[PDB]
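Next up: a structure with nirmatrelvir (bound form).
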There are 2 protein chains.
Amino acid sequence: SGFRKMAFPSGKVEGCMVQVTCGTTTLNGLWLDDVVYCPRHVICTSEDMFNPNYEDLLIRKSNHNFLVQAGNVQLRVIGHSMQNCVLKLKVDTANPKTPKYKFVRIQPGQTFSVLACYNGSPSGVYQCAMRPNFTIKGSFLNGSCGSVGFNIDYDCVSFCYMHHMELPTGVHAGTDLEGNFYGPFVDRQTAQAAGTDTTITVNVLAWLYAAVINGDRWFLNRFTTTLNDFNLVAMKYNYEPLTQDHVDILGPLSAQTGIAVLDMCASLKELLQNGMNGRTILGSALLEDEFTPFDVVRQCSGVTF
Amino acid sequence: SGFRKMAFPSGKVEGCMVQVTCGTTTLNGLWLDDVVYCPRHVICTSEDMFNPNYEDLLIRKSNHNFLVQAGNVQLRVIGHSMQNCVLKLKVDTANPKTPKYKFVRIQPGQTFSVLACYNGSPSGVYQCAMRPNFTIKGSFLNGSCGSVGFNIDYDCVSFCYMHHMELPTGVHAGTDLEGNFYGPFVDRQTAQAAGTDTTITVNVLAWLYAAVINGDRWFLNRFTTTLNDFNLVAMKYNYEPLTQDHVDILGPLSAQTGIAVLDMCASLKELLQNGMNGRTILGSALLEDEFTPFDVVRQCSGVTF
Ligand SMILES: *C(=N)[C@H](C[C@@H]1CCNC1=O)NC(=O)[C@@H]1[C@@H]2[C@H](CN1C(=O)[C@@H](NC(=O)C(F)(F)F)C(C)(C)C)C2(C)C
Ligand SMILES: *C(=N)[C@H](C[C@@H]1CCNC1=O)NC(=O)[C@@H]1[C@@H]2[C@H](CN1C(=O)[C@@H](NC(=O)C(F)(F)F)C(C)(C)C)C2(C)C
C-alpha cells in the first residue's frame, strides 16, 4: 500500500545523455545508435535567439563546429541535418548503451518521466503530464534544454519530449523527438504565452480509484449520473469533457474495485460542487490529475521493466 | 523555474539490483562487488514470519539454497552470513556495474530516493523522507523487500535504506544497509504500530525559501520572531522544535534570498495560526515538509551527478 508520484527508472536514458556545444552555447543531447539529437538553438548565440534564421545559421556550420562529449570522451561528428526544431548529429561511434526505443508523440493528458540534465549529466528525475494547453509543469534552469521525457514499456524506451523553453508562470514547452512542438509555440525568444489550462478529468477519476484501492473511501456517495449530466457540471469547474474513450480506459480500475465509472463520476461531481471540507484524499487537499489510469494500475500492481 | 518533487537518477542503483530466492520466498537484493545484501526474512516460509528464529533458520541453509539471479544469469553463492536483519551472500563474481558507494545511516528529517523493485527488476523511483517517527511514506507491495533508498553525491551512491515491512496506515519500515532498523520495529509479523509523527519544521522552511525563489511570495509578513517564541507556537501544531543546527543549515537559502531565518519563521508562524485561506504555495494547499534545505539548493541550482 501507499501511493506516490512515481517516475520510471532513468538508467536506460542516463546512458544516452551527452553534452553538445556549438560556439559558446552548450546544452544536452540524446545519443541513440550513431546519432545525437538536440535542440537546434544550440547553434544560436544569445543575440540570435530573439529572431533566429536557423537554416542560415546552420549553413555556416560544419561538422567540426559541433563538440559532442559523452562523459570524458569527445565524439567525432561526421554529419549533420535539421529536422523541424531538432538537430541530428551523426557521429562515428554507435552508443553501446542504446536501449530498445521508439519515438512517440503523446496526447494531452498523458504522463511521462523527465530526466533533467545539465552539461550532459543527469540532475534528477520527476513525473509530469502533458497539460491540455500543451505545456508541462516542470523544473528546468538555464542549460536544461535537450533533457528528454519518456515512458518505458518492458525493455523499450518511448521518447516523447525534448525540452526547449520556459513560458510565463514557470511552465515548460518542447518538441517530440522529430522536433515538432507540442502546442502553438516556436523556438524563438518572443512574447509567447500558454493558453488557459484545464483539469484532466480522466486522471482525477483514476486517482480516485487509487484512493479506494488504498482504503481512502470517504468520498464515495450513493448516487450515479449520466455522462451528459456529469459533463455539464465538470465544464463549469474547468474540467475537460469525459469521453467514452476515457470511460473505456478506466475499465480495468472499475472492474477491479467494482465501482462503475459513472458512479465514480457521481462522487467526483459532489466533490466539485461541495468541496472537500478540509478532508484529504491520499494525503492531498486538492484533487490530483497527473496520474493516468495506466499509471495507477502499474503502481498498484508492481509492473517492472 | 518550477519546483517539483525530484528523485535522484536511478541508473547507478538499477545496475545493482538482483533477485534472491530461498525455497519459495523471493525478494530483491543489492549486488555490490562480490556481495549481495538482502533482507534476512528471505529464509522464512509464510508460517515462519510470525515468530521467526533467524539464526535457527539460517543454520539449516547452505550456500546452494540461495538462488541469486542478475538478469537472466544465475550468480553462484560461495558464502553467507547474517548481520543484524540483513543477509550477506558472497558470490563468485564481482558486479562490474558497482558504483562508488558507501553505507550511511540517515537522520529523521533527511530525504532519499527509493527504487521500488520486484523480482530484481525496477518498477519506479520516488523521493521520500525519513519521518520523525522512523517510518517512510512509501509505495510498496508484496515482493518489494530489498528495494533500497539512496542519495547521490557526484559519483558516489550513499545507500541508507533497505525495505522490510509495512505498518498500519500504509507506512513503511526498514533498515540501514548494516541491517539495523530505523525506529523500534522488528522484522516479525506481529502487532506493531508507528508512533505519532511530527512535521519536519526545517524542511517546511526550506520549501518556503523555494517558493520565494520561484516568485510565490504572498505569505511573507513584516515581522520577525525569536527562536523560543517560534518553537512555542510550532509545538502546538505538531511541528518539531527548530534547533540552531537547523537554522545553520538554512543559511545558504537565507543568504541567497536575503530573508533572515527568524523572519521566515515569523511568516511560518502566521501560516500555522491563521491558515492559508484557500491560497496555495508552489501549487500546494498544504505545507510541504519533504524537501531538505540541500534538496532546494540542488534543484534550484541544477546540481548534477
Ligand atoms: C534551454 N536550455 C532553455 C531552458 C529555459 C531556461 C530557463 N528555463 C528553461 O526552461 N531555453 C531557453 O532559454 C529558450 C531559448 C531561447 C529563449 N528561451 C526561453 O526559454 C525564454 N522563453 C521564451 O522566450 C518564451 F517565453 F517564449 F517561452 C526564457 C525567457 C529565457 C525563459 C529559445 C530559443 C526559446
Ligand atoms: C517485503 N517484501 C514485504 C513488504 C510489504 C508487503 C506489503 N507491503 C510491504 O511493504 N514485507 C513483509 O511482508 C513483512 C515480512 C513479514 C510480515 N511483513 C509485513 O510487512 C506485515 N507487517 C507487519 O507485520 C507489521 F505490521 F508489523 F509491520 C504485513 C502485515 C504483511 C504488511 C515480515 C518479516 C515483517
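Chain letters: A, B, ..., in sequence-line order. To match the PDB entry, the residue numbers of chain A are left as they are there, and the shown ones run 1-304, 306. All chain B residue numbers match the PDB entry; in order, they span 1-304, 306. First listed ligand is number 1; within each ligand, the first listed atom is number 1.
Contacts with nirmatrelvir (bound form, ligand 1) are greatest for the chain named in UniProt as 3C-like proteinase nsp5. Chains with a heavy atom under 4.0 Å from nirmatrelvir (bound form, ligand 1): A. The residue-level binding site of nirmatrelvir (bound form, ligand 1) (heavy-atom cut-off 4.0 Å) is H41(A), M49(A), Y54(A), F140(A), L141(A), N142(A), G143(A), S144(A), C145(A), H163(A), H164(A), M165(A), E166(A), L167(A), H172(A), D187(A), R188(A), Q189(A), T190(A), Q192(A). Ligand-side atoms of nirmatrelvir (bound form, ligand 1) in range of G143(A): 2 (N), range being under 4.0 angstrom from any heavy atom. When each atom of nirmatrelvir (bound form, ligand 1) is checked for a heavy atom of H172(A) under 4.0 Å away, the hits are 10 (O). Residues of chain A near nirmatrelvir (bound form, ligand 1) cluster mainly in the UniProt domain Peptidase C30.
With ligand atoms numbered from 1 in the order given, nirmatrelvir (bound form, ligand 1) contributes 1 (C), 3 (C), 11 (N), 12 (C), 14 (C) to contacts under 4.0 Å with heavy atoms of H164(A). According to the entry, the source organism of chain A is Severe acute respiratory syndrome coronavirus 2. Residue contact check: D187(A) has heavy atoms under 4.0 Å from atoms 34 (C) of nirmatrelvir (bound form, ligand 1). Under a 4.0 Å criterion applied to the non-hydrogen atoms of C145(A), nirmatrelvir (bound form, ligand 1) contributes the atoms 1 (C), 2 (N), 3 (C), 4 (C), 11 (N). Below 3.5 Å of separation, one finds no N or O of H41(A) facing any N or O of nirmatrelvir (bound form, ligand 1). When distances are taken between heavy atoms and rounded to 1 Å, the UniProt active-site residue of chain A closest to nirmatrelvir (bound form, ligand 1) turns out to be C145(A), 2 Å. Within nirmatrelvir (bound form, ligand 1), the atoms closer than 4.0 Å to a non-hydrogen atom of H163(A) are 4 (C), 9 (C), 10 (O), numbered from 1 in the order shown. The covalent attachment site of nirmatrelvir (bound form, ligand 1) is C145(A) SG.
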